*Asks:* 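Here is vardenafil bound to 3',5'-cyclic-AMP phosphodiesterase 4B.
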Amino acid sequence: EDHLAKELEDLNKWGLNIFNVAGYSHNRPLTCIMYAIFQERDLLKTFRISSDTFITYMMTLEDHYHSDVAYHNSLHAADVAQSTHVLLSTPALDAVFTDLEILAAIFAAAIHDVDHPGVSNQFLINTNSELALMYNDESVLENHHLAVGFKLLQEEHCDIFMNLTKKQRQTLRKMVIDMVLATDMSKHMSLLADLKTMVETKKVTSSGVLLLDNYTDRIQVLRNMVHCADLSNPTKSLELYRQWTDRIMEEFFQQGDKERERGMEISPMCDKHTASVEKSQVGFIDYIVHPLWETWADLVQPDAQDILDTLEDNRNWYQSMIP
Ligand SMILES: CCCc1nc(C)c2c(=O)nc(-c3cc(S(=O)(=O)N4CCN(CC)CC4)ccc3OCC)[nH]n12
Ligand SMILES: [Mg+2]
Ligand SMILES: [Zn+2]
């Protein structure tokens, strides 16, 4: 409708309000936003992806995100997808990626939490759940999001990559597995370290653009691009960030309550009777989100400064909410 088109004017912008597109699209923010991104970037025409097939697939994907999970639902997938879309347009990475690398990064963004049960890897491992027995305790959820994501391409009327060559499906697949497995938080300190090495030897050509020799370097930036996108919540406007914070904290406290009914040890932050939301956001930003984004800002100097300033204002806001 009208309100939806006005809200979509900010598609290429960090300030887009995905909460508002969710309301104007009959709660189909992922289908909605992915259709917009794919059209704007001409991915449908480029890869001969039928509009019909694409909607069918995105709708089914969207239905695999549980709407009863407070944070990890299709709204979150849509926010990560749209943030990734904005990140691929950083001036510093202009014309560096192939359309296939762009296709892969946004496709990964969309599936990266599909069928999330609302609990963490450590909870699934500690409760001997079926998926942890299946995946041998390694990146249990991430491996599953990928399995579910790719399993839905196995029906002609849903195969969005049908018209790619065999070579492009093989490459796109490698890239997506690699990007989604990189959203596993237990790999954060390893990724951030390799990204700080990427920055130290970073090269920028005469045109103000980064030089990525070959595939190893390009996929490194892409793994990090989607990792930051997945942790982009405290870098948005204080109004969006407070809503995201209330969601994630609802999920975490829900997990602590499950942990409590079983007699398991409750992690100091999922413990609703004690945990200070405010203090845990400030520790989240200081020890994890700011180091990641400060490093991303260095790689893309100066395109991510506005994002760093917002981060430091949101942290400062949250810090002022504790006596
Ligand atoms: C206090 C909530 C902090 C918070 N706010 C936001 C917006 C987010 C967010 O997007 N993602 C993360 C987030 C943070 C961690 S963690 O490293 O901080 N950590 C969680 C707590 N446990 C058990 C005690 C140890 C590991 C793990 C997973 C997370 O979700 C990302 C998929 N946390 N987060
Ligand atoms: Mg995840
Ligand atoms: Zn996520």
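Chain A is numbered as in the PDB entry; the shown residues are, in order, 163-485. Order of appearance sets the numbers: ligands from 1, and atoms from 1 within every ligand. Only this structure's heavy atoms are used, side chains among them; waters, hydrogens and symmetry mates stay out.
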*Asks:* Locate vardenafil in the structure and give every matching ligand or chain.
*Replies:* ligand 1
*Asks:* Looking only at heavy atoms of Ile410, does any of them come nearer than 4.0 Å to an atom of vardenafil?
*Replies:* yes
*Asks:* Can you check whether a protein heavy atom sits less than 4.0 angstrom from atom 19 (N) of vardenafil?
*Replies:* no
*Asks:* Give the UniProt-annotated AMP-binding residues in chain A that lie under 4.0 Å from vardenafil by heavy-atom distance.
*Replies:* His234, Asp392, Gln443, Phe446
*Asks:* Counting heavy atoms only, which part of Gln284 comes closer than 4.0 Å to vardenafil: side chain, backbone, both or neither?
*Replies:* neither
*Asks:* For vardenafil, which atoms sit closer than 4.0 Å to a heavy atom of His234?
*Replies:* 32 (C)
*Asks:* Using a strict cut-off of 4.0 Å, indicate which atoms of vardenafil neighbour a heavy atom of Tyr233.
*Replies:* 10 (O)
*Asks:* Residue-level breakdown please: for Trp406 versus vardenafil, do any non-hydrogen atoms fall below 4.0 Å on the side chain, on the backbone, on both, or on neither?
*Replies:* neither
*Asks:* Which of the UniProt domains in chain A holds the largest share of residues touching vardenafil?
*Replies:* PDEase
*Asks:* Suppose we measure from atom 7 (C) of vardenafil to each protein heavy atom; which comes out shortest, and what is that distance?
*Replies:* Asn395 OD1, 3.4 Å
*Asks:* Would you say atom 22 (N) of vardenafil touches the protein, meaning some protein heavy atom is under 4.0 Å from it?
*Replies:* no
*Asks:* Atoms of vardenafil less than 4.0 Å from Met431 heavy atoms?
*Replies:* 1 (C), 21 (C)
*Asks:* Give a yes/no on vardenafil: does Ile450 have at least one heavy atom closer than 4.0 angstrom to it?
*Replies:* yes
*Asks:* Can a protein heavy atom be found under 4.0 Å away from atom 10 (O) of vardenafil?
*Replies:* yes
*Asks:* Considering only protein heavy atoms, which is closest to atom 31 (C) of vardenafil, and at what distance to one decimal place?
*Replies:* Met347 CG, 4.1 Å
*Asks:* If we count only non-hydrogen protein atoms and require a distance under 4.0 Å, does atom 4 (C) of vardenafil qualify as touching the protein?
*Replies:* yes
*Asks:* Quick one: nearest non-hydrogen protein atom to atom 13 (C) of vardenafil, plus distance?
*Replies:* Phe414 CZ, 4.0 Å
*Asks:* Can you tell me the protein heavy atom closest to atom 14 (C) of vardenafil and the distance?
*Replies:* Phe446 CE1, 3.8 Å
*Asks:* Of the active-site residues annotated in UniProt for chain A, which is closest to vardenafil, and what is the least heavy-atom distance, rounded to 1 Å?
*Replies:* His234, 4 Å
*Asks:* Which chain positions lie within 4.0 Å of vardenafil by heavy-atom distance?
*Replies:* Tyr233, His234, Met347, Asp392, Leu393, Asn395, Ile410, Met411, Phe414, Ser429, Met431, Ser442, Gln443, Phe446, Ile450
